[PDB]
Amino acid sequence: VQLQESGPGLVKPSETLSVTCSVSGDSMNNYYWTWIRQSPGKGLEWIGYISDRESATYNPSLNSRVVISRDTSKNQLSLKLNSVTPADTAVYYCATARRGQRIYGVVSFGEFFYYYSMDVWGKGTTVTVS
Amino acid sequence: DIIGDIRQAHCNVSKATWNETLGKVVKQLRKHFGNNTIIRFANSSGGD
Amino acid sequence: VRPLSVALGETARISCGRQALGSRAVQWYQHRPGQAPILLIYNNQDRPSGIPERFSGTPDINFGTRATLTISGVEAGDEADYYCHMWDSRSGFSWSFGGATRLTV
Amino acid sequence: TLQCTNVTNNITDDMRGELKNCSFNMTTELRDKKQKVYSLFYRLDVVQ
Ligand SMILES: *[C@@H]1O[C@H](CO)[C@@H](O[C@@H]2O[C@H](CO)[C@@H](O[C@@H]3O[C@H](CO[C@H]4O[C@H](CO[C@H]5O[C@H](CO)[C@@H](O)[C@H](O)[C@@H]5O)[C@@H](O)[C@H](O[C@H]5O[C@H](CO)[C@@H](O)[C@H](O)[C@@H]5O)[C@@H]4O)[C@@H](O)[C@H](O[C@H]4O[C@H](CO)[C@@H](O)[C@H](O)[C@@H]4O[C@H]4O[C@H](CO)[C@@H](O)[C@H](O)[C@@H]4O[C@H]4O[C@H](CO)[C@@H](O)[C@H](O)[C@@H]4O)[C@@H]3O)[C@H](O)[C@H]2NC(C)=O)[C@H](O)[C@H]1NC(C)=O
Ligand SMILES: *[C@@H]1O[C@H](CO)[C@@H](O[C@@H]2O[C@H](CO)[C@@H](O)[C@H](O)[C@H]2NC(C)=O)[C@H](O)[C@H]1NC(C)=O
Ligand SMILES: *[C@@H]1O[C@H](CO)[C@@H](O[C@@H]2O[C@H](CO)[C@@H](O)[C@H](O)[C@H]2NC(C)=O)[C@H](O)[C@H]1NC(C)=O
Ligand SMILES: *[C@@H]1O[C@H](CO)[C@@H](O[C@@H]2O[C@H](CO)[C@@H](O)[C@H](O)[C@H]2NC(C)=O)[C@H](O)[C@H]1NC(C)=O
Ligand SMILES: *[C@@H]1O[C@H](CO)[C@@H](O[C@@H]2O[C@H](CO)[C@@H](O)[C@H](O)[C@H]2NC(C)=O)[C@H](O)[C@H]1NC(C)=O
Ligand SMILES: *[C@@H]1O[C@H](CO)[C@@H](O)[C@H](O)[C@H]1NC(C)=O
Ligand SMILES: *[C@@H]1O[C@H](CO)[C@@H](O)[C@H](O)[C@H]1NC(C)=O
């Protein structure tokens, strides 16, 4: 299910920044959809994921000003960036992950934690701010 | 400090072995409280 | 990014700076510049189908052992940066992706 | 008086304070000087 991303690559600073992502192959109902942005000079920075109850979690280092709306009509996962700074130039990556579970003690007490693994990744679309 | 995951203490008792050993108690409790009575156990009420 | 220089043939063992504080579920990623990252192994040893059956992770047992990854049988084209994603019971949600690892031959 | 802080906090579970990380002042060696020590206490042994 190679995802295709349609990014403009040219967004004026302090404006709206939207990046779409196709799914391709199969629908999106039992998969977790994450979004990772990598900026020059550093590594990738996980943003968040959306699935299940439609309550997408956001990174605590982004002020939660970004939103990840998952669509089902056209099967795309866009990004709505508001109040973006002129230093947001970074290539965005569209990939999904499966939520495994790790258990270390009695699971009835609550001794387990959820970890996500990115099974598939998209080539991404490089988008800057000008 | 604690070296590793922070888990909770707990005791384990067999569900079947406790179940049959608690039906032997209720059979003798019927020798002092009437052969035909409903005997129910409950958890401790209060105190230290 | 961090510097790690290797050569052809000899096996290489690479770990990540972050240290566990419980039961870990580390995963390793391959960020070849340009192409999308590929998951090498999750759950400390559970590589997905397609990845060559020569990258092996450290199993989680007898807490204390460092999470190191072996890339034995290195090839000439291995010039990417790796990523050790550490999940542990205590540290909570692992939002960060850790430090990269440049590969040079 | 101990300055206790939850060992886990935003670490796991509902932020339960089953364990507290309490730092306090005590006179180590000389009776004038007192240095800051700490220890792990259970929630059953510290009263706010
Ligand atoms: C009082 O009673 C209560 C209630 O009975 C007791 O509470 C229980 O206590 C025990 C002990 O603390 C807990 O055990 C933990 O279980 C977890 C989870 O195990 C389950 O899930 C595993 C994975 O499931 C996934 O895959 C399967 C397909 O394989 C899939 O169907 C599933 O949906 C899911 O996707 C299963 O593999 C596992 O099977 C095991 O148990 C079977 C019997 O049930 C047995 O027949 C199997 O052969 C197998 O042994 C089970 O279904 C365990 O993960 C955990 O152990 C891991 O974590 C500890 C923490 O350090 C670590 O030391 C262990 O080595 C082990 O870590 C290995 O596995 C990790 C997960 O795969 C992996 O990430 C690690 O890297 C590591 O892998 C390496 O080591 C293993 C070890 O040999 C090796 O096999 C690998 O190949 C590799 O080398 C705990 O054991 C119970 O959860 C808990 N509650 C219940 C309800 O049981 C309490 O203990 C009692 N107390 C007293 C005092 O009596
Ligand atoms: C309590 O622990 C003992 C061992 O310390 C357990 O005895 C084992 O029971 C299993 C049955 O599932 C046998 O296969 C083993 O051979 C037994 N081991 C020994 C050393 O006797 C016992 O099952 C445990 N009971 C509970 C309720 O946890
Ligand atoms: C015994 O069990 C009962 C119920 O299983 C517990 O009753 C609770 O008591 C608290 C008061 O502290 C009430 O607020 C709850 O509403 C009660 N629960 C129910 C279901 O009625 C009781 O706390 C338990 N006591 C012990 C010592 O185990
Ligand atoms: C309990 O709190 C103390 C602080 O009083 C912690 O000690 C610090 O731990 C950090 C991280 O390991 C170190 O960088 C500091 O140097 C430590 N300071 C001192 C004075 O020891 C301790 O780690 C805490 N323990 C637990 C289990 O949370
Ligand atoms: C332990 O004692 C030190 C002082 O020796 C306390 O630190 C002082 O805290 C007061 C709080 O009003 C400050 O005004 C002082 O400037 C502090 N002195 C320092 C930091 O050298 C500390 O709070 C005590 N800790 C306890 C009692 O748990
Ligand atoms: C086993 O437990 C059930 C309820 O949990 C009880 O009705 C039954 O009588 C028990 N069996 C014996 C043999 O005591
Ligand atoms: C059983 O019931 C009879 C009722 O006839 C009663 O007399 C007796 O005390 C009860 N308990 C026994 C027989 O152990």
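A, B, ... follow the sequence lines: proteins, then strands. Residue 1 opens every chain. Only a selected region of the deposited structure appears here, and contacts were counted within that region alone.
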Which partner chain accounts for the most atom contacts with chains A and C, named as in the PDB entry? Envelope glycoprotein gp160
Which of MSL-109, 10-1074, KD-247 is found at chains A and C? 10-1074
Identify the other chains in heavy-atom contact with 10-1074 (chains A and C) at a 4.5 Å cut-off. B, D
Name the source organism of chain B according to the PDB. Human immunodeficiency virus 1
Non-hydrogen contacts of 10-1074 (chains A and C) on chain B within 4.5 Å: B:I2, B:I3, B:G4, B:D5, B:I6, B:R7, B:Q8, B:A9, B:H10
Wondering which parts of 10-1074 (chains A and C) lie within 4.5 Å of chain B by heavy atoms - can you list them by chain and number? A:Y104, A:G105, A:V106, A:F109, A:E111, C:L21, C:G22, C:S23, C:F63, C:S89, C:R90
